[PDB]
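For reference, positions follow the sequence shown, starting with 1. Side chains included, hydrogens not; waters and symmetry mates left out as well; all remaining heavy atoms used. Order of listing sets the numbers, starting from 1, for every ligand and every atom in it.
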Amino acid sequence: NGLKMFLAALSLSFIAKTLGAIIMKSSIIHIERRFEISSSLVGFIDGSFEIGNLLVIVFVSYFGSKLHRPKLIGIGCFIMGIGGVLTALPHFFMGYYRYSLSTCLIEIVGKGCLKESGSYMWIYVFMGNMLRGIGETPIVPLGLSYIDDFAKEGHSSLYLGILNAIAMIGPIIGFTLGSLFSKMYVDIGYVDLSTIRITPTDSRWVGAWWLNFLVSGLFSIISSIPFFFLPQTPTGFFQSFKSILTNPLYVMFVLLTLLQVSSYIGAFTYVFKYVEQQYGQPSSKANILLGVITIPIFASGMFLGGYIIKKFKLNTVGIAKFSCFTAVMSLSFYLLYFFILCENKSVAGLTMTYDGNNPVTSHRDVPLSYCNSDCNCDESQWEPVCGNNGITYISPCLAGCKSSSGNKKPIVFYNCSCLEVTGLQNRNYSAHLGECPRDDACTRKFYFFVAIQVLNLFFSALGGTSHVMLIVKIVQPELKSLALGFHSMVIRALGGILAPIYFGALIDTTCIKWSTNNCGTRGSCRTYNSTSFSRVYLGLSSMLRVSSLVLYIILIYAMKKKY
Ligand SMILES: COc1ccc2c(O[C@@H]3C[C@H]4C(=O)N[C@]5(C(=O)NS(=O)(=O)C6CC6)C[C@H]5/C=C\CCCCN(C)C(=O)[C@@H]4C3)cc(-c3nc(C(C)C)cs3)nc2c1C
Ligand SMILES: *[C@@H]1O[C@H](CO)[C@@H](O[C@@H]2O[C@H](CO)[C@@H](O)[C@H](O)[C@H]2NC(C)=O)[C@H](O)[C@H]1NC(C)=O
Ligand SMILES: *[C@@H]1O[C@H](CO)[C@@H](O)[C@H](O)[C@H]1NC(C)=O
C-alpha cells in the first residue's frame with residue numbers, strides 16, 4: 001500500500017488531536033465547580049494547553065525533520081495520551097464531592113485561597129493539560145511534511161483533503177460522548193446514584209471530567225500504536241529559522257493568513273452571540289440543529305477543495321489564484337450580511353424611557369418614569385419579560401407589576417403599570433417571562449442569514465486546504481516542516497488567542513447593560529444594541545477580510561513575477 005498505510009495512522013491522530021481540543025472546552029465548566037478553584041485561575045488552566053503547544057512547536061518542527069518522522073509522531077501522540085490520563089487523575093485521588101424575577105415590594109474565592117496554601121489538586125490538571133500541548137507539537141508540522149515529500153505527482157493535495165474530512169468527525173464523536181458523559185455523575189460506580197440529588201440541569205452538578213479526559217487519553221494511546229511499526233520511508237536552528245523569514249512571498253503569506261484566519265476564528269467564536277442578539281433566535285434551537293447539518297458540508301468542502309486541486313493541473317501560481325477565488329467569493333458573501341439586518345431591540349429603560357413616550361439618547365442615568373417610580377426595585381437585576389404591547393422590560397419589578405399566578409410557570413402578571421399604555425384600557429397589560437419573540441417578518445430574514453452562512457462556510461471550506469498546500473511549495477524543500485510550524489505557531493498564538501480577546505474588548509463598547517458580579521464590577525453583558533453590535537462585529541470581521549483580500553492581490557503579482 002506504500003504511503004496509504006501512513007495516512008491511516010495520521011488520520012487517526014487527527015481525530016484524536018481534535019478530540020483533545022474539543023474535550024477540554026466541553027468539560028471546562030464542570031472542573032471549576034468540582035475543584036473549588038477561583039474563576040480567574042480557570043482561564044489559566046485552559047491557557048495551560050496553549051502555552052505548552054506554543055513553546056515547543058517551533059523548536060520541535062526544525063529538529064524533528066532530521067529525525068525519523070513516523071516514530072516521532074508516535075512519541076508525541078503517546079505523550080498526549082499520558083497527558084489525558086494525567087489530566088483526570090484527581091477524580092481517582094479525591095474524596096466524594098460535597099454539595100455544600102420577583103413581584104414588586106410596594107465565598108468561592110476564599111475556598112480557593114485555602115486550597116492554594118501548601119499543595120492542592122488543581123496543579124494536576126494544569127500539568128496534564130500542558131502535556132497535551134507538548135504532545136500536539138509533532139502531529140501537524142512533522143506529519144504534514146511527510147505526506148508532501150513522498151506523495152506521487154500532484155496527489156498530495158487530495159490526501160490532505162481526505163485527512164481534514166476525517167478530522168471533522170472528531171468534534172462529532174466528541175459532542176456525543178462529551179455531552180453523554182456529562183449526563184453521568186462524576187463518581188459513577190463509586191457512589192450509589194440513587195441518592196445524588198443534583199440533576200444534570202442543576203448548577204451544583206459536577207460532570208465527569210475524569211471519564212471525559214480518560215476516553216480522549218485512551219483514544220490517543222491506542223492511536224499511537226500503528227506509528228511505531230511503520231518504516232522510515234516507503235547554530236543550525238537560528239540560521240535556518242532566519243531563512244524562513246526574509247523570503248518575500250513567505251513572510252507576507254504568514255501575515256496574510258493571520259489576518260484572514262483571525263477573522264474566521266473570531267467570527268466563529270461570537271457567531272452564536274451575534275445570532276442570538278440580532279435575530280432573537282437562540283442557539284438553543286439553532287446550534288442544536290444547524291451545528292449538525294453543517295459538519296458534513298464543511299467536511300465536504302475540505303475534500304472537494306483537495307480534489308479540485310488534484311484533478312486539474314495546478315502550479316504554485318495557479319493554486320494561489322484558486323485560493324484567492326475562494327477568498328473573493330467568501331468576502332462578497334460575507335459583505336451581504338450587512339444588508340440583511342433586523343431592527344434594534346427595544347427595551348424599556350435603556351433605548352427608551354420606561355413610560356415609552358420618547359427615546360433616551362444614553363442608557364446611563366435613565367430617569368425612571370411615573371409607572372417605574374412607584375415601585376422601588378433594584379436596577380441591576382435582569383429579567384426580560386415580554387408584554388402584550390411587545391416592548392421588552394428590564395425586569396417585572398421595574399415594570400410595576402405586583403401580581404403573580406403562582407410558581408408553577410411563568411406567571412402572566414395580573415397587571416403591569418408601564419405595560420398598560422394610554423388608549424388601550426380594555427387591552428390587558430399582562431406579560432410573559434422570557435425575551436420578546438421577534439416579529440414574523442424578521443424570522444424570515446433570519447433564514448437568509450443561515451442559508452448564506454452555510455454557503456459561505458462551504459466556500460471557505462473549499463479553500464481551507466489551500467493554505468496548508470500552498471505554504472509547502474513556496475518555501476525551499478529542506479525547511480518544509482519548520483515553515484509549517486512557524487506558521488502554525490503564528491496562527492495559534494495570535495489568531496488562536498489574541499483574536500477572541502481583542503474582539504471582546506472591541507465588542508464590549510457596543511454593549512448597553514452590565515450584569516453586576518459579586519467581586520467584579522462587570523461580569524456579563526445582558527443585551528447589546530443590535531445595530532451597534534452588528535455594525536461593529538461584522539465590520540471588524542469584514543475589515544479584516546478586505547485587508548486579507550488586498551494582500552492576495554499584492555502577493556499574486558509578486559508570486560507571478562518570481563515564477
Ligand atoms: C481546535 O479546536 C477548533 C479550532 C478551530 C475550529 C474552527 O475554525 C476553523 C477550523 C480550524 C481547523 O481546521 N481545525 C482543525 C485542523 O485540522 N486544523 S489544521 O491546521 O490541521 C488544517 C490542515 C489545515 C481540527 C483542528 C486542529 C487544529 C486547529 C488548528 C488551529 C488553526 N486553524 C487552522 C483553525 O482554527 C481552523 C479554522 C471551526 C470549527 C467547527 N465546528 C463546527 C461544529 C462544532 C458546529 C463547525 S466548524 N471547529 C474548530 C475547533 C473545534
Ligand atoms: C388588575 O387589578 C385589579 C385590582 O386588583 C383587578 O380586580 C378588580 O378591580 C376592579 C376595580 O377595583 C373591581 O372589579 C374589583 O375591585 C377587583 N376585583 C375583581 C377581580 O374584579 C383586575 O381584574 C386586574 N386585571 C387583570 C388581572 O388584568
Ligand atoms: C385579559 O383580561 C380580560 C378582561 O379584561 C379577559 O376577558 C381576557 O380573557 C384576558 N386574557 C388573558 C390573555 O388573560
From efonidipine, venetoclax, simeprevir, can you tell which is the drug at ligand 1?
simeprevir
At the binding site of simeprevir (ligand 1), which chain contributes the most contacts (name from the PDB entry)?
Solute carrier organic anion transporter family member 1B1
Name which transmembrane segments of chain A (UniProt, N terminus first) hold a non-hydrogen atom less than 4.0 Å from simeprevir (ligand 1).
1, 5, 7, 8, 10, 11
